[PDB]
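Below, chains carry the letters A, B, ... as their sequence lines are ordered, and counting in each starts from 1. The displayed model is a subset of the deposited entry, and contacts were enumerated within the subset. As the structure lists them, so they are numbered: ligands from 1, and atoms in each ligand from 1.
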Amino acid sequence: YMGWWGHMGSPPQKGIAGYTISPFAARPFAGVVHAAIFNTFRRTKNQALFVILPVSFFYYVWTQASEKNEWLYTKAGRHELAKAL
Amino acid sequence: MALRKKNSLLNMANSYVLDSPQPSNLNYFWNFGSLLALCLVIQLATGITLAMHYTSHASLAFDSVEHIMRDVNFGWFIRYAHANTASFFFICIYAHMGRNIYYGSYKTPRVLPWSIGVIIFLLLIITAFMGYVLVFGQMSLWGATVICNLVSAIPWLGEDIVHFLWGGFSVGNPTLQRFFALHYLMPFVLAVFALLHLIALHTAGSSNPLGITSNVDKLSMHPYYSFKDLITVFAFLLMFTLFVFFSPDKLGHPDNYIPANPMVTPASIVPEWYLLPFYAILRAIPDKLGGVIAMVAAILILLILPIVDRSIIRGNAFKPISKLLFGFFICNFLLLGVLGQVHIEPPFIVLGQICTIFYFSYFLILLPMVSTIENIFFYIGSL
Amino acid sequence: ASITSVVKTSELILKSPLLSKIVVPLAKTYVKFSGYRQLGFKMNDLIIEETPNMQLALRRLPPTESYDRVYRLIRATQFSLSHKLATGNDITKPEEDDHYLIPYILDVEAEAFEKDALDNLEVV
Amino acid sequence: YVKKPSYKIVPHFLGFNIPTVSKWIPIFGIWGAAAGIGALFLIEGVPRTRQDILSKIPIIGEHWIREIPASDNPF
Amino acid sequence: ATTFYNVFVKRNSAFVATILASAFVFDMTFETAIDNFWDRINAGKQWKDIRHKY
Amino acid sequence: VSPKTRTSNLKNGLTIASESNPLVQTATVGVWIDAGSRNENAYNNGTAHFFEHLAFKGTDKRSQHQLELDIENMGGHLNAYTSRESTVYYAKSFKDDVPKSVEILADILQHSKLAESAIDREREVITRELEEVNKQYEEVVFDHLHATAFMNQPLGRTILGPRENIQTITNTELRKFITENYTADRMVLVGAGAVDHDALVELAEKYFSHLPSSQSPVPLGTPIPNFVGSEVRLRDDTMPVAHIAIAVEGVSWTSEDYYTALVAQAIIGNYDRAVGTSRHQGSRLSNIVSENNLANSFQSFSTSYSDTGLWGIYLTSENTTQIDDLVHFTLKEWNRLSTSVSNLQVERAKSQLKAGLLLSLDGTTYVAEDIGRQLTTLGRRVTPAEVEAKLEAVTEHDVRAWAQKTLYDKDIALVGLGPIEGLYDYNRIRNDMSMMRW
Ligand code: HEM
Ligand code: HEM
Ligand SMILES: CCCCCC[C@H]1C(=O)O[C@H](C)[C@H](NC(=O)c2cccc(NC=O)c2O)C(=O)O[C@@H](C)[C@@H]1OC(=O)CC(C)C
Ligand SMILES: CCCCCCCCCCCCO[C@@H]1O[C@H](CO)[C@@H](O[C@H]2O[C@H](CO)[C@@H](O)[C@H](O)[C@H]2O)[C@H](O)[C@H]1O
Ligand SMILES: O=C1C(O)=C([C@H]2CC[C@@H](c3ccc(Cl)cc3)CC2)C(=O)c2ccccc21
C-alpha cells in the first residue's frame, strides 16, 4: 500500500506545481508572534470543549466521591458509614 | 547508485532512518515512537550498568541497591535515571497508544503493527514489574507475591504454577534471582518486538493526523523527522532532568525503601503509577479469576479495536462525536488510575466498578455504536 | 464497515419521514462541526482507501476527478502541517461537497458482495 | 421449460458456510485430541497431573502410583 | 494396509495425534524399560539394593 | 432427445454404428480403430503414425494422384488421426457421396500400396515433423507428460516415435502392423448425419467384408500401467510463457470413478484470460488466478485410456516470478477436493457437466467422434439418459472419496516448459498435494 520513492503509489499527479524556497532564504520565525497568539488561540478554542467536557465531568465525579469519602470517616458520617458497610 | 542504497546492510538502515518516506504532516504526537526508542536505549544503558553493580541474591539485593546509591560513582544518577525512565517509558507508551487510538492507527492496513504493539505493551508491563521486584523492598516483595499469584486464577494447575514461578513456597531468594534473569532478558525481547512492529508498519507507512493517504505527499524521515524528534528528545530530557536531579523520588513509593519483610505487608498498598488503572480494575471485580481476567482483558481488549471500530473514516480528527467519546474514555482511564491509589473504602468501591464497566463498554458498545452513527451522519450530512 | 452498509442505512433514514425530519438536521450540523470542509476536503476524500476494494474504486475515477482528488489531499496535507485552515475558495462549500466516489465504490462492493454470495450458492 | 435457475444462497460468514465447516468438524475433533494428548503428555511430569488424572486410568494408572520409601526421603 | 494409511496417516490431524500418542506410550514404556535394565546392569550396587539392610 | 444410435455387426466382427440426423445434409462416415501407438513395441514405435501418412499415398487400384482426384470429386474431405489408443479415418461428404467415401476408406485401409518409394519419401516428411511439433507447446508438454508419467511403458511412447525408428521402418513391418491390428473386431464403421443405417450396413457388407478377423477376438475397449511420480523440466528462458502440466494417475474409461473424476475436473475447471466470461467463473482456482493475474490460462483435463489415465491440469503463465504461487494455489484447490468439497461445488459441477457432455456434440464430425470414441472404449454408445443417471449418482461424498484416494498426498507427474526458473523443485510441489492443516 505504500511504495517507495519513484513508485510511491500516488494516483497519477498532474497539474500541481509546487514551489518552495530555500531554508536559508526564508525567515524560519516569520510571523511567529501572530501564530503564537492568534493561530494557537484559534486551534485551542476549536478543541477546547473536547478536553473541558470530560475533564470537568470526571473532576466533578472525583470531587463528589472524595468529599463523600472524607465525610464518611468523620464523626458526623458514622451512621452513613455503618450503612455503607 | 548511492552506497546507502547499494549495500544490503546500509540499505536496511537507510530504509528505516533516512530514506523512509513519511507523511509530511505528522504532528508532535508522532514523536512518542522515537521517545520510546530513547527510553528503551536509556533503560538498556542504565539497566546494564546497574546490572554491573547489583546483586540478585535476596540477602544482598536491597543492600546492593543501597550500595549503588551510596558508593558507586554516579550510582545515584544511574539508579534514578533507570527508575525514572521506567515512569517516562509509560507516559510515552500510553501517549503513543493514545495517539494510535485517537488517529485510528489500529485500522487496516495497520492492524498488524497495532497487534504486535499490544504485545509490546504487555511485555513492558512485565519487564517494568520484574524490575520493580529486583529492589526487594517491601513493595517489591509484595508485588512479586501478587503477580505470581495471578496464575493461581488458572484452575487446578494454577497453585502448582505459582510455586514453580517462585521456586519455593513463597517469594524468596529463588524468585528474586529468576526475576533478575528475566528482567535483564525481557527488554531485549521487547526491543525485538518494537522492531517487529516497525517492520510490520513499513508496509503501510505511518498513518497521519488526517487519516487520509499520504502517498500523495511524502517527506524523507531525515532530515525532517530526525530534527523534529530532537525537539522532543530535548523536551523529554528536560522533564527527565527535573525528576532525576531535582525530585528523584516523586514518582516512587516510600515503602520500597524498607527492606522486604515477608511477615507484614504495608497497610498502604499502591503499585506503580502506571499499573494503577489495571490495579483498580482488579480491585473492582470481587472474584479471584474474574479480577484477573478483567485486568488482563483490559489490555487484550485493545486487540479488538480493529473489529469494533466500524468507521469508514480513519481516526478522530474529523469525527466530533468520536472525539468526545475518546475524551471520556481517556478521562475514565485516568479516573481508574486515581481510584487505584485511594483506600478501598466507600464510595470509591462502587465508583471503581462503574469506571471499570465504562472502560469495557467503550470497546464493546459505545465505539461500535458511535462509529456506525457517524458513518451515517457523514453520508447524510454531506448529501 | 462497508460503504454499501452506510449507504443503504442512510437511504432507510431518508425514506422514513419522521427519521429524516430528526436526522437530516443532526447530520448537517455534525458535518459542519466535523470541519473537514475547512481543510478543503470533500466528504469522500476521507474514506479509508487502503483496502483492495477502495483501491479498485479509486482506479475507476475519471482522470479529472482523480487529479483533483490528489490536489485536494496535497493541499489538505499542507494545511494540516502548517496548522492553518483553508480560506476563501479553498473552503469546501456545501454545493461542492459531491459524493464523487460513492458511485464507484458502491459498484466495486456490489460486485464483491455478489461474488461472496454466489460463491455460496446451493443448486436446489 | 425452465424460466430461472433454481438456487438459494446458503448463509455464510467470512467466507465460511455451514456445508464447508461441517466437513471440517471431524478434523477439529482430531486436532483437539492431538492437543489433548499432546498437552497431557507435556504435563505428565507435573505431580498434580499424575495424582488427579493419570493414576486414575484403569490398568495403566499404576504406572504413576509410585511412593518413595520414607527411609530414602529426606523431606 | 490401505486402511491403516487411511486411518492414521492420511489426515495430518490423525497422523500428529498418532505420533503424540505413540510418543506418550514410548515415553512411558522406555522409562520403565530403562529403569529395569539399569537396575539389572548395576545389580547389588545401588541404594535400593543395600537399603534392605537398614 | 437425440435419435437412437443404431448398431449392427458383420460376420467378421466389424461393428457398424450410426446416428442419423435428417436435419443436416452432410455425413461423416469413418472407421474408428481400437489400435494406436500403444500397440507398437519399442522397435516399431512410430509405425502407426507412419501408416497414417502412407494410407493416402495410394492403393493397389488408385494411385496417389487418382486418390486425390477421387476425393476432390466427392466434394468433402478425408481426415485421419493416430492417438495412443485409437486411430481414426473419416470422410466428411455430402449425403449422396457416402457410397464413394466408404469405398475410398475401405480401399486405403485394406489395399494400401506401401511402396518402398513412398516409404522413403515420407521418411523425410515425418522426420521433419519431429522438429515442428516443437512449436506446439501444449503437445510438447503433454508428450513429455506421458513420457514421464508412464516411464518406459507403452503409453509413455510418443506417437511420432524416435528418429531412429523412422529411419528403419520398412513396408514389411508396416504391413505386419496393419495386419495384426486393423482387424474387423477392432474397428467400428461410424456414420453420423445424413446416413441411413441399413444403407451403411450394406456398404460395409460390400467393402469391409474381406477384413481379417483376429485369432482371439476380445471385446472393444479391452486393454500394466504403473504411473511414475516424476518431473521433466524443459527450462527455456527465451520463451515468454511457461507451460506447466501436473497430473496424477487418473481413471480409465471403464472405471467406476470415471464420472467422479469428470466432476472433480469440472470443479477446478478451465480458465482463459482471453475469454470475457472467465473472470466470473465460479471455480475457486479461477477466482484466485484471475484476481492475481497468475496465469494466462489453465485447463483441467482427465485423459482416459483403456487401463489408466491422467488427471491433471495444464497451466500457462507469463507471470514468471509467481509461478510458485500459481502452482501452490492450484494444488491447494485440488487438496480441497479431498478436504472441503460439499454439495455446493459438486452440484454446481454436475449441472455444468450434465450440459457439457451433450454440448460437445454439435456437428456430424463431433457426433461421429463421440460414437466412435464410445464404441472403441466402452463397446457401446452410452445414451444421454444413462450419462445423466451416472452423473446424478456422483455425490459430494464420492468426490471426496475419489480425491482422497487419487489426489491427496499422491505422486504427481509434473512437466514444466519454458521460463520455469520460479517453479520450485519436485519436493516442494509434491508437498502441496496434502494439507498439514487437515
Ligand atoms: C517499546 C515500545 C515502542 C516503541 C519503541 C515504538 C516505536 C514506534 C515508532 C518509532 C513508530 C513509528 C513512528 C510513530 O508513529 O511514532 C511507531 C508506530 C506505531 N506504533 Fe509503536 N512503539 C512502541 C510501542 C507501541 C505500542 C505499545 C503500540 C500499540 C499498542 C504501538 C503501536 C504502534 C502503531 C500502531 C504504530 C503505527 C502508528 C502510525 O504511525 O500511525 N507501538 N511505534
Ligand atoms: C524496558 C526496559 C526496562 C524497564 C522498563 C525497566 C524497569 C525497571 C524498573 C521499574 C526497575 C525498578 C527500579 C527501581 O525502582 O529501583 C528496574 C530495576 C532494575 N533494572 Fe530495569 N528496566 C529495564 C531494562 C533493564 C535492563 C535492560 C537491565 C539490564 C540488566 C535492567 C536492570 C535493572 C536492574 C539491575 C534493576 C535493579 C536495580 C534497581 O532497582 O535500580 N533493566 N528496572
Ligand atoms: C539504525 C537502524 C536500525 C533500525 C531500527 C532503529 C530505530 C529506527 O528505525 O529509528 C527510526 C528513527 C524510528 N522512527 C520512526 O520510524 C519515525 C517514523 C515517523 C515519524 C517519526 N517521528 C515523527 O516525528 C519517527 O521517529 C524509531 O525511532 O524507531 C526505533 C524504535 C527503532 O528501533 C527499533 O525498532 C529497534 C529497537 C532499538 C527498538
Ligand atoms: C538490531 C537488528 C538487526 C536488523 C535491523 C535493521 C533494520 C530492520 C530491517 C529489517 C527489515 C527489512 O525488510 C525489508 O528491508 C528492505 C531493505 O532495505 C527494505 O525495503 C524498502 O526499501 C527499499 C530500498 O530502500 C525498496 O526497494 C523497498 O520497496 C522498500 O520496501 C524494507 O525495510 C523491508 O521491505
Ligand atoms: O496488588 C497489587 C497489584 O494488583 C499489582 C497489579 C497492577 C497491574 C497488573 C497488570 C496490569 C496489566 C497486565 Cl497486562 C498485567 C498485570 C499487575 C498486578 C501490583 O503491581 C502490586 C504491586 C505491589 C503490591 C500489590 C500489588
Peer 1: Hey, quick one: which chain has the most contacts with ligand 5 in this structure? I'd like the name as the PDB entry has it.
Peer 2: Cytochrome b
Peer 1: Mind telling me what drug shows up at ligand 5?
Peer 2: atovaquone
Peer 1: Other chains with a heavy atom closer than 4.0 Å to atovaquone: which ones?
Peer 2: B
Peer 1: Which organism, per the PDB entry, is the source of chain B?
Peer 2: Yarrowia lipolytica
Peer 1: Which UniProt transmembrane segments of chain B, numbered from the N terminus, hold a non-hydrogen atom less than 4.0 Å from atovaquone?
Peer 2: 3, 6
Peer 1: Which residues that bind heme b according to UniProt in chain B have at least one heavy atom within 4.0 Å of atovaquone?
Peer 2: none
Peer 1: Could you walk me through which residues contact atovaquone, taking a 4.0 Å heavy-atom cut-off?
Peer 2: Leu122(B), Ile125(B), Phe129(B), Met139(B), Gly143(B), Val146(B), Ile147(B), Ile269(B), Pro271(B), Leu275(B), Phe278(B), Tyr279(B), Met295(B), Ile299(B)
